[PDB]
A.B. asks: 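This file holds Chitin synthase 1 with nikkomycin Z bound.
Below, chain A is the first sequence line, B the second, and so on; all start at residue 1. When the header is checked for method, it gives electron microscopy, 3.2 Å. When reading the values below, keep in mind they use all heavy atoms of this one structure, side chains included, and skip hydrogens, waters and symmetry mates. Order of listing sets the numbers, starting from 1, for every ligand and every atom in it.
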There are 2 protein chains.
Amino acid sequence: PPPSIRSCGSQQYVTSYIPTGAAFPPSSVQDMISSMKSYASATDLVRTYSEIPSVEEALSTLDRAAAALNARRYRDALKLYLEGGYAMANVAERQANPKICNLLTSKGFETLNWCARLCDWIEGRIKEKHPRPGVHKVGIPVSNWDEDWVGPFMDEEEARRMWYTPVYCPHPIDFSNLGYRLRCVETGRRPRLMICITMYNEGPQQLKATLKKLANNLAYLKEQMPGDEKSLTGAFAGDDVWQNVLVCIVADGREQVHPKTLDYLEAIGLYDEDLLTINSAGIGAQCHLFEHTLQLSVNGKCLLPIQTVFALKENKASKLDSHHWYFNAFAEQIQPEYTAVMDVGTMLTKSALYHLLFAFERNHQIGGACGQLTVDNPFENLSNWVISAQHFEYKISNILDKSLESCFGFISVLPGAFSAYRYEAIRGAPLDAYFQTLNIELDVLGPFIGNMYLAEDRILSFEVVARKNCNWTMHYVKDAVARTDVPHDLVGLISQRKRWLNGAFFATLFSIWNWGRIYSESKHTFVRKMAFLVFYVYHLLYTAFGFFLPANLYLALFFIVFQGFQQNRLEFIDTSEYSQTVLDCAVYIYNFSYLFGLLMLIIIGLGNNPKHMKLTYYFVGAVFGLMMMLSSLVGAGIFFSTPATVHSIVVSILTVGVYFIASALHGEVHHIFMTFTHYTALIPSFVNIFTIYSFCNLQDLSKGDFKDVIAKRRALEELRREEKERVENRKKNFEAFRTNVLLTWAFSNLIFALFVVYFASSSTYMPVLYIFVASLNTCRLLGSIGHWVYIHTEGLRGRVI
Amino acid sequence: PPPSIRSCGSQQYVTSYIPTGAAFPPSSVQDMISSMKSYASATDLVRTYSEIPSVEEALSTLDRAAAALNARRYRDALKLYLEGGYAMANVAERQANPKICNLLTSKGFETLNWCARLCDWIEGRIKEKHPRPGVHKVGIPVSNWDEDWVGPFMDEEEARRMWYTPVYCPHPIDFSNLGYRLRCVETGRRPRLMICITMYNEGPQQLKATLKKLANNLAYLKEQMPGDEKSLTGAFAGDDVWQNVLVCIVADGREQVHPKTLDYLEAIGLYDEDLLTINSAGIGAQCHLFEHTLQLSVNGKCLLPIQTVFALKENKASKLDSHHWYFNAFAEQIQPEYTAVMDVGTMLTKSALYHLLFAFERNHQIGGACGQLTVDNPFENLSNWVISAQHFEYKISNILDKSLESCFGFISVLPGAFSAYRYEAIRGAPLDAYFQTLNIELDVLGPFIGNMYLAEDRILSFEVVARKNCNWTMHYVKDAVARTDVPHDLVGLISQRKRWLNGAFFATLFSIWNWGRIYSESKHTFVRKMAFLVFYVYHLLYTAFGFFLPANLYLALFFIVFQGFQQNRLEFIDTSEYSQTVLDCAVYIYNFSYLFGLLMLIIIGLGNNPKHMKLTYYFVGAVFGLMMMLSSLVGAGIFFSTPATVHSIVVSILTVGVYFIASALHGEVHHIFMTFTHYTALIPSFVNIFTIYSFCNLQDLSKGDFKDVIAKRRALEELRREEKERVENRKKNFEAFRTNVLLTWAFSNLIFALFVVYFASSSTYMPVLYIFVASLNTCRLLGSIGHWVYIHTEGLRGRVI
Ligand SMILES: C[C@@H]([C@H](N)C(=O)N[C@H](C(=O)O)[C@H]1O[C@@H](n2ccc(=O)[nH]c2=O)[C@H](O)[C@@H]1O)[C@H](O)c1ccc(O)cn1
Ligand SMILES: C[C@@H]([C@H](N)C(=O)N[C@H](C(=O)O)[C@H]1O[C@@H](n2ccc(=O)[nH]c2=O)[C@H](O)[C@@H]1O)[C@H](O)c1ccc(O)cn1
């Protein structure tokens, strides 16, 4: 028996008792339903309101249809798709904008055709697996077209029409199977060189500069003189090079892209928001790709056309995901010869591409190459110390380490900004191991492989060399100069260096672990294997020396300066005077300052992000810099006061002057003269702060009834709880690993320093350090000289062999 | 002109060009639409599928309607509500379960009535603000009813029917305005005592034990003898006490509640999932409240009925949110006299409620009270050291500190588990300052107030005492014993103590800062103000001594033991022998071990959660415990070897024997004898580990056209980005504050220790430490004696004054 519940939702508060008996008797609910007339008025109002559709409602219904389709529920998807298609078809007539009307009409027709196909599939007429809306790319005229633009030859269709398509491909390996195609393949062009420009949260100016530099490189390639020994021949000749080059600009997510970048892209005809909103309504695409042959004009000079494909990902992932999409999809479809990777803002010189291609074509044993990386405008604003220190570090690292490693044909790390490979040595296993993280969950891999995060360059570089049944070697080209932009503040440098150091350490450990694969699996010459063994020994010694660097720096500074002051070993002054208080005071002050600084640095680094601790980092860096400058002046005075000896001059040369000798040999000596002091002032800051912050923040990484409804809710809750538990366990394991590594490193350094400062004297310790440093620098100088000899001799001597 | 796009969605890949001209010509789209017959088949299939509705579809449509209503879009809400109501009305007949059929029919009728009311409101007939679906509570029979249960007197409606209602009230202050009512108010009962039992992720056994203990307390109150001086009279008499007590069980979220807890609650007739799923479909309620008068039977004894209200929150928030709901809504509606707060698992003795109520009624100057908190089964499993240490700490803290602070009528912290207030001294400003975090965003408050997180008890306790135009004092009742459950492992204790220590430190700073409000604003007696001034001086000295505790412990251990060994100051042995190597070796080993342990502890604490670092924490704790035990044995030997003096015996008494004297005075001496060694073995662990982990993890805390659509998307994106930036800035500020505090604390301790160990000797330092400790313990002993004298005298001497 129904109670008096006729007015229950209208009244503010109603209390009712609902008995569970033997269900409500029939013929009573009918009277209650039929006795209400307000329902008729409500239905009339709803029908009046629902007569006129809206664009937003149609788009929302299509989005819901896509969400239902992704959940493998097909009848609801069909109903929602039909509703959305009819709504869009009705709306299209009302709109006054011609472009909007045309897009709405086309989308409505496409949705209705997809509804028909899905209905046929449900009935069983069509037998397919995982049916999805058919691929349909739309070409529209570009809003801005430059009438005053002179080019080689442009078809009107190619010159005035920009093409768009949304891609749903979840695994990029299946891009070609799902039926997606690029304009280059359709037009019959077969590009031989591909360039990828990863982008994320960047201003328009950087992208404009990068595109201008690429256009200048293409122009330089076009004007190459024919009939010369040094001229490229074939697919990279003149007047037709631009048809063999494709530029893929991959963005990392619509949410984080700077709006002015989107405005600039729309200006050059590579992005349109209305088309993206309309044509991607029901697809639920993972990515949106626009295609054009863009034409750029700078000042009164018109550049060459660039065949550009702009791929914008809906969500946000890592740069490795952008490389995944680029390599797998575009390379496996186009099948090019070379493959260049660069970042946004990397401005190239006119001859960079020419030098890379010349090396690749002439040598032919090269599976990868990297150019020289420089700091833009180093001399300008010379008063800044961080910029000059970075310039010195880049120059010295390039010369010495890159030359030494390129002599043996194995470069430890390709920069990842302006590097190149050939798509024959990386097609198989090297790329599979490159994207191991993206294909396997971090739970299975473990903490060691997972913490090798942002170290992907070294993984690819090592996998190329040690490939089974192949002998691919890497190379370093000096003349391919690319200028980047560096942070102007200490905090920016500290933030930047963390990824570099984590990746370097763990990739170095991986390479040391797996170096045997070169001899066990690869197919190299015996001479190459012996050279690799020598380089392996040198690499082990260098890494071992670099692991104990803070302790060695502390010991050197302490012994030389402060125990020379305390125990009368400075030569330009005598400390046999003084009241025995200053002599101990110097050592005590040094020890207390060093220990307090290290404690503060480790607390800050393990504690918080280095953005709100700007003042404290600046203070610690200033203290260490003043200490290092004072120590350098004292050491210079000591060296010049000594009457000099053969051993002294030999050690001084092989320790310090190797930098100047190599720089003068390669002709880049003025930069060293300008920036030597600035780099010297930041050595302890570099070592201590960067290593501590790298180790401390190692954790950072990426129909049914009622019972069916209840079961679904319970299953969803259980799955969510299991997922949360798994994520928690993963984070626990990675935190444990990073803490163990940091404890081992710090305690090893402390124990070494204490044992050497208590049981050893300066006279019985300093010669060993001098010998070690001299040996390392002698090896590096020999490597640099060998690289210079090769680069200046092999060109002439290739005729002999 | 339309292209050949008839087959575009069906085909795998189609390329089309959509010209933007002057829109598609008319009379061409009509032919294309009318030339397709597959649309008719698709429409027929959709109509056939959509003829039969489903429960899940109706619930989903109602949920979408609620979401639209919360967005203030009313026409779409009306349409979706009508669709859902009609769907549920149609479905109700098909279902075979009588309860489901009745609930579906009632929900359909209620939804249709709400649709009519909303239509009238839209037309303008009804003038209201923020209209919502009318409040409608449903009473249903309980599934399990105990026929064999003897009680005082139960109405059949109250005994067999459980009531449910969903509440949407966003601000709990408006609970009574929106029209929600409780069964107690409807029935005319006016409870005088309310008990809140906060729950989150708990097993059934703890809740069962808590309910059994509460029933036993009610039974003890019922059997109170009449016509006695010590017997309560009035609303807490016999045979009718159960009608004046209400128990509110507040849960923290459906997602995290243990399923067995829900099963047990459904067993006792306090939860039903079907009713919750059906009746909360379209309301979008913030909380769901069930009401019952539960009857519990344990073994062959039948307990008393308990008037229970179970409030389950949809989402998850803090315990402060549960207190917000409880206090504001239920207290402001019922308006009780007293208000007791306890946690789940707090098992009470039979006389706890009687003692609390007796104190409140007889004294009448008390605005809050707290009972004694004990560890359940302390003697059992005595081999565990953590449990015994916690038992000793609880007993000593209770006796000394609670007695001393209760003598002055100001208890620093009420436990929050088994505490009580009176709803006259907290109604206004104290509760407003209690929930300041929940009403004001943490951005405005700042880092100091925000970091006072989980310190709410101290805030309420201080706000009660210093209330303007009132003189409320707090009290401590010794006989109200409540037994809790403590962690059995070191890691659990470390995890638990962080909240306590953070809250204690920052609330203590706040109280010290704002102590002047008692004299400036409150209205106390002059004697009370002088006593508060004395207590303020003592509080300042105690806090200052506690801030420098690690340094003092290190200095005491070092000086006494290790410099007695090195410099021949142990009395039971002479070290004038030995080869001068062991004498320095002892000090060097002690210093190195202490420093390495502290470094490891700070690295681990600031780095990772103390759940995967179990072994390292255990190792450090074991090292410190062995050190402390050795030091204690050496000190005992030194003390017993000395021929003793008046100064020596006085210092020894006032330093160590105060614990035993006070414990014997209060009769709880055997526990001290059993647990003294266990507490002594963990003092350095307590101090160092708990303080470091507390300071390191301080950061932890809680119609339209196309252009309108584009504007909406852009506005949503901009709002999301601004929200993300604000959250990032807030976290940055709080991290900076915690790091500054930790650096200040650690460096102050280190500098103090170094300066005192270099410029001071043991003979010129130890007497000062002895005097300080003796003074503090003398003050605490005097406080305990005064409290005992009061509690044993005032009862007899109240006749005089
Ligand atoms: C630092 C680097 C350059 N200034 C840079 O910042 N490169 C970024 C990077 O490498 O992270 C680019 O990576 C992409 N990116 C970034 C974040 C993200 O979440 N997703 C994403 O795709 C963006 O395009 C971003 O420009 C410089 O040239 C350099 C110097 C020496 C060297 O040995 C290597 N590199
Ligand atoms: C530790 C305490 C008791 N063992 C306990 O654990 N209490 C919890 C707490 O206080 O946090 C309860 O708080 C609620 N809670 C918890 C988390 C959440 O996210 N939400 C939420 O509501 C839960 O009911 C939870 O049982 C013990 O009795 C005690 C001893 C001495 C003392 O001075 C104070 N207390």
A.B. asks: Around nikkomycin Z (ligand 2), which other chains have a heavy atom under 4.0 Å away?
C.D. replies: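 Those reaching under 4.0 Å with a heavy atom: B.
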A.B. asks: Hey, which residues are hanging around nikkomycin Z (ligand 2) within 4.0 Å, heavy atoms only?
C.D. replies: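 Sure - by heavy atoms, that gives B/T198, B/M199, B/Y200, B/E202, B/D252, B/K316, B/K319, B/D343, B/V344, B/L373, B/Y394, B/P415, B/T484, B/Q496, B/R499, B/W500.
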A.B. asks: Mind pulling out the UniProt UDP-N-acetyl-alpha-D-glucosamine-binding residues of chain B that sit under 4.0 Å from nikkomycin Z (ligand 2) by heavy-atom distance?
C.D. replies: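 The overlap, by heavy atom and UniProt annotation, is B/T198, B/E202, B/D252.
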A.B. asks: TM segments of chain B, numbered as in UniProt from the N terminus: which have a heavy atom under 4.0 Å from nikkomycin Z (ligand 2)?
C.D. replies: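 Numbered as in UniProt, the segments with a heavy atom that near are 1.
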